[PDB]
Student: 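Quick one: the structure is below, questions incoming.
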Amino acid sequence: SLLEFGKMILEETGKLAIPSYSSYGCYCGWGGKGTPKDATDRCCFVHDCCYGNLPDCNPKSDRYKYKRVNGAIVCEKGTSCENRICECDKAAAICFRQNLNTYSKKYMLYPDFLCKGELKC
Ligand SMILES: CN1c2ccccc2[C@]23C[C@H]4[C@H]([C@@H]5CC(O)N4[C@@H](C5)[C@H]12)[C@H]3O
Ligand SMILES: COc1ccc(C(=O)O)cc1
């Protein structure tokens, strides 16, 4: 659920999901079209796609459990949907951390009309 995800992001990067990653570029947030503006936005695109492989799961509200094993995120056993949601979120958090160096405030509150082009998962 968004609760586990925003907490995962905060622990990883130091930034809060909202508003550092809720209205970023073309894919971080409500976003769902265009060409990712940068690496961080590409993390959200892939995260999007990852949730995309789980049509019968509800990523926003289904809660999962996870623990830190010396920094490393370890998804704990839950239902099938919860395990996969967690893997999707774990990947995005790490991707976010790996690209913190290029995070640009230029792509914050990014206009919808500048999300141009197309990309398939
Ligand atoms: C295509 N679409 C879907 C088609 C059928 C069921 C569920 C989904 C989505 C909505 C949502 C989310 C991610 C992130 C995203 O932008 N959306 C994608 C993948 C999915 C995922 O949940
Ligand atoms: C990062 O926080 C959120 C909250 C709600 C939604 C949504 O409702 O689609 C997406 C991200």
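Each residue takes its place number in the sequence, starting with 1. Per the header: X-ray crystallography, 2.2 Å. Only heavy atoms go into these numbers, but all of them, side chains included; no hydrogens, no water, no symmetry mates. All ligand and atom numbering here is 1-based and tracks the order in the structure.
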Student: At ligand 1 in this PDB structure, which drug or drug candidate is present?
Tutor: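 That drug is ajmaline.
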Student: Hey, quick one: which chain has the most contacts with ajmaline (ligand 1) in this structure? I'd like the name as the PDB entry has it.
Tutor: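 The chain with most contacts is Phospholipase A2 VRV-PL-VIIIa.
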Student: Can you pull the source organism for chain A from the entry for me?
Tutor: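 The PDB gives the source of chain A as Daboia russellii pulchella.
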Student: Return a yes/no value: protein heavy atom under 4.0 Å from atom 2 (N) of ajmaline (ligand 1)?
Tutor: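 It does not; no protein heavy atom is within 4.0 Å.
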Student: Please indicate whether any nitrogen or oxygen in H47 is less than 3.5 Å from any nitrogen or oxygen in ajmaline (ligand 1).
Tutor: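 In fact, backbone or side chain, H47 has no N or O that close.
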Student: Using heavy atoms only, determine which UniProt active-site residue in chain A is nearest to ajmaline (ligand 1) and give the distance to 1 Å.
Tutor: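 Going by UniProt active-site residues and heavy atoms, it's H47, 5 Å.
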Student: Does the protein put a heavy atom under 4.0 Å from atom 14 (C) of ajmaline (ligand 1)?
Tutor: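 Protein heavy atoms within 4.0 Å of atom 14 (C) of ajmaline (ligand 1) - there is at least one.
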Student: So which protein heavy atom does atom 20 (C) of ajmaline (ligand 1) come closest to, and at what separation?
Tutor: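 Here the closest protein heavy atom is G52 CA, 3.8 Å.
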Student: Please write down residue, atom name and distance for the protein heavy atom closest to atom 6 (C) of ajmaline (ligand 1).
Tutor: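 For this ligand atom, the closest protein heavy atom is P55 CA, 3.5 Å.
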Student: Protein non-hydrogen atoms only, distance under 4.0 Å: does atom 10 (C) of ajmaline (ligand 1) have such a neighbour?
Tutor: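 Answer no: nothing from the protein, no heavy atom, is under 4.0 Å.
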Student: Got the closest protein heavy atom to atom 16 (O) of ajmaline (ligand 1), with its distance?
Tutor: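 Going atom by atom, the protein heavy atom closest to atom 16 (O) of ajmaline (ligand 1) ends up being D48 OD2, 2.8 Å.
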Student: Is ajmaline (ligand 1) close to any UniProt-listed Ca(2+)-binding residue of chain A, that is, with a heavy atom under 4.0 Å, and which ones?
Tutor: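 Those UniProt residues with a heavy atom under the cut-off: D48.
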Student: What residues, by chain and number, sit within 4.0 Å of ajmaline (ligand 1) when only non-hydrogen atoms are counted?
Tutor: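 At that heavy-atom cut-off, the residues are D48, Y51, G52, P55.
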